[PDB]
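Paracetamol:Lactotransferrin complex.
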Amino acid sequence: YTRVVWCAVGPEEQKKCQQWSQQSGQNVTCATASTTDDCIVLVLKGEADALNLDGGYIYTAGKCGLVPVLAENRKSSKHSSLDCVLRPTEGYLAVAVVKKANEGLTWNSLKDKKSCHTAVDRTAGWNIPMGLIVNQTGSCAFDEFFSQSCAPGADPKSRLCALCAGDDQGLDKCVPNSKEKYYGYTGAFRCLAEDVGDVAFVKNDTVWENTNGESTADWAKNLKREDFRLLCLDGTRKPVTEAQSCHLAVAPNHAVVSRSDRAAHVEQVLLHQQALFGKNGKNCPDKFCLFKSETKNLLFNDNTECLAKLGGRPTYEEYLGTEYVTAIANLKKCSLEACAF
Ligand SMILES: *[C@@H]1O[C@H](CO)[C@@H](O[C@@H]2O[C@H](CO)[C@@H](O[C@H]3O[C@H](CO)[C@@H](O[C@@H]4O[C@H](CO)[C@@H](O)[C@H](O)[C@@H]4O)[C@H](O)[C@@H]3O)[C@H](O)[C@H]2NC(C)=O)[C@H](O)[C@H]1NC(C)=O
Ligand SMILES: *[C@@H]1O[C@H](CO)[C@@H](O[C@@H]2O[C@H](CO)[C@@H](O[C@@H]3O[C@H](CO)[C@@H](O)[C@H](O)[C@@H]3O)[C@H](O)[C@H]2NC(C)=O)[C@H](O)[C@H]1NC(C)=O
Ligand SMILES: *[C@@H]1O[C@H](CO)[C@@H](O)[C@H](O)[C@H]1NC(C)=O
Ligand SMILES: CC(=O)Nc1ccc(O)cc1
Ligand SMILES: [Fe+3]
Ligand SMILES: [Zn+2]
Ligand SMILES: [Zn+2]
């Protein structure tokens, strides 16, 4: 009851959950699956209680009757006086990033280039940019737009998985979990930085956290913000400082989801868990920090200040917004009330 089973996606999230489990006195416990979808099925079955999902997955989960419980809240400084847990969520910016040196690459010349995506079905990495691209070409053949990609979760023998590298020994190529080298926000940005792809579809924060010494990871130590450009929809290129005027969309924050009938209890445990291991928590940075994992974004994004309560006890459609929800429905016509599982 006052015991929550968290669902970890892959081995590194499993290991981070184990630590949290150990530290919480097993007030929190762990289940592991190989993909986010499998984790969603565990929650549906009642074998896991919760996990923190990107908005594209919140849409999947929502059709299956899962609900948003609490949202990631970022360190942005309006609503000055208001406590993090009560502060409204601001959303993040979906951007398309390229190298400066790749001159004359703009939004209007992306066809046949090489792309890096966080994973199939994700907001900044997939739903937004592909939604736009299908919209613009009036075609559903989005698997033939780019010449090669790393899009975790696509068919390992498609050109959408050609740029993916798998793990330390080349296994698990293109799995939508952190064993894939180029998975997630930092994986997709690394794919661009290493010059495997021509463009990466990530969020604004990813560029900042992995350049100018902010990272220290070996592939990122020498990366410089000036060496990157954002692609705007008007066909221009701007410095990464112009994200407010050069983005593809504003995305709803990642949120914790649970089965409706478990929402209340998952909420109370987690609010208590962040008091202990959150940003200014009793036991962070002393014993354990929930929101840290050295730019790996394990379980939660590394930039999370706190998990915030959601205004208007919203449904999943209200949490995602009509704008975004219609964008997804239209894109999914290419592959009605439903639930995939
Ligand atoms: C696009 O994304 C980036 C990354 O999230 C946004 O840039 C961030 O803006 C924040 C304000 O909204 C900055 O907040 C504070 O960060 C720290 C807090 O201690 C302050 O000093 C920092 O010290 C740490 C050392 O650990 C460094 O990481 C920082 O470089 C900095 O020196 C800082 O003065 C500030 O009060 C945050 O620094 C900043 N992130 C970075 C890495 O520069 C950006 O706003 C966003 N833009 C849009 C359009 O949304
Ligand atoms: C790709 O193109 C599709 C088809 O045009 C886009 O879908 C459309 O998106 C707009 C923008 O939100 C919707 O407009 C809304 O119309 C409803 C009326 O049903 C109204 O209540 C709102 O005030 C708003 O004007 C529109 O409904 C929707 N069209 C439909 C029904 O399919 C889609 O947004 C495009 N994809 C991307 C990523 O932009
Ligand atoms: C877990 O058990 C109870 C229930 O909330 C609580 O009082 C206790 O502080 C928790 N312990 C930890 C370490 O989370
Ligand atoms: C469209 C949109 O983001 N709506 C929304 C976001 C957060 C929330 O707590 C309630 C509603
Ligand atoms: Fe996301
Ligand atoms: Zn905008
Ligand atoms: Zn409502």
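The residues of chain A that appear here are 342-676, 681-686 by the PDB entry count, in order. Atoms within a ligand are numbered from 1 in the order they appear, just like the ligands themselves. Side chains are part of it too, since the values below use all heavy atoms of this structure and drop only hydrogens, waters and symmetry mates.
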Which chain letters or ligand numbers go with paracetamol?
ligand 4
Got the closest protein heavy atom to atom 2 (C) of paracetamol (ligand 4), with its distance?
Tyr660 O, 3.4 Å
How far is atom 10 (C) of paracetamol (ligand 4) from its nearest protein heavy atom, and which residue and atom is that?
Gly652 O, 3.5 Å
Where, in terms of UniProt domains, do most residues of chain A that contact paracetamol (ligand 4) sit?
Transferrin-like 2
What do we get for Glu659 next to paracetamol (ligand 4) when only non-hydrogen atoms under 4.0 Å count, side chain, backbone, both or neither?
backbone
Just need the protein heavy atom nearest to atom 1 (C) of paracetamol (ligand 4), so name the residue and atom and give the distance.
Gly662 CA, 3.2 Å
So is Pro593 close enough to paracetamol (ligand 4), meaning a heavy atom under 4.0 angstrom away?
no
I'd love a list of the residues lining paracetamol (ligand 4) within 4.0 Å - heavy atoms, by chain and number.
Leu651, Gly652, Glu659, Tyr660, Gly662
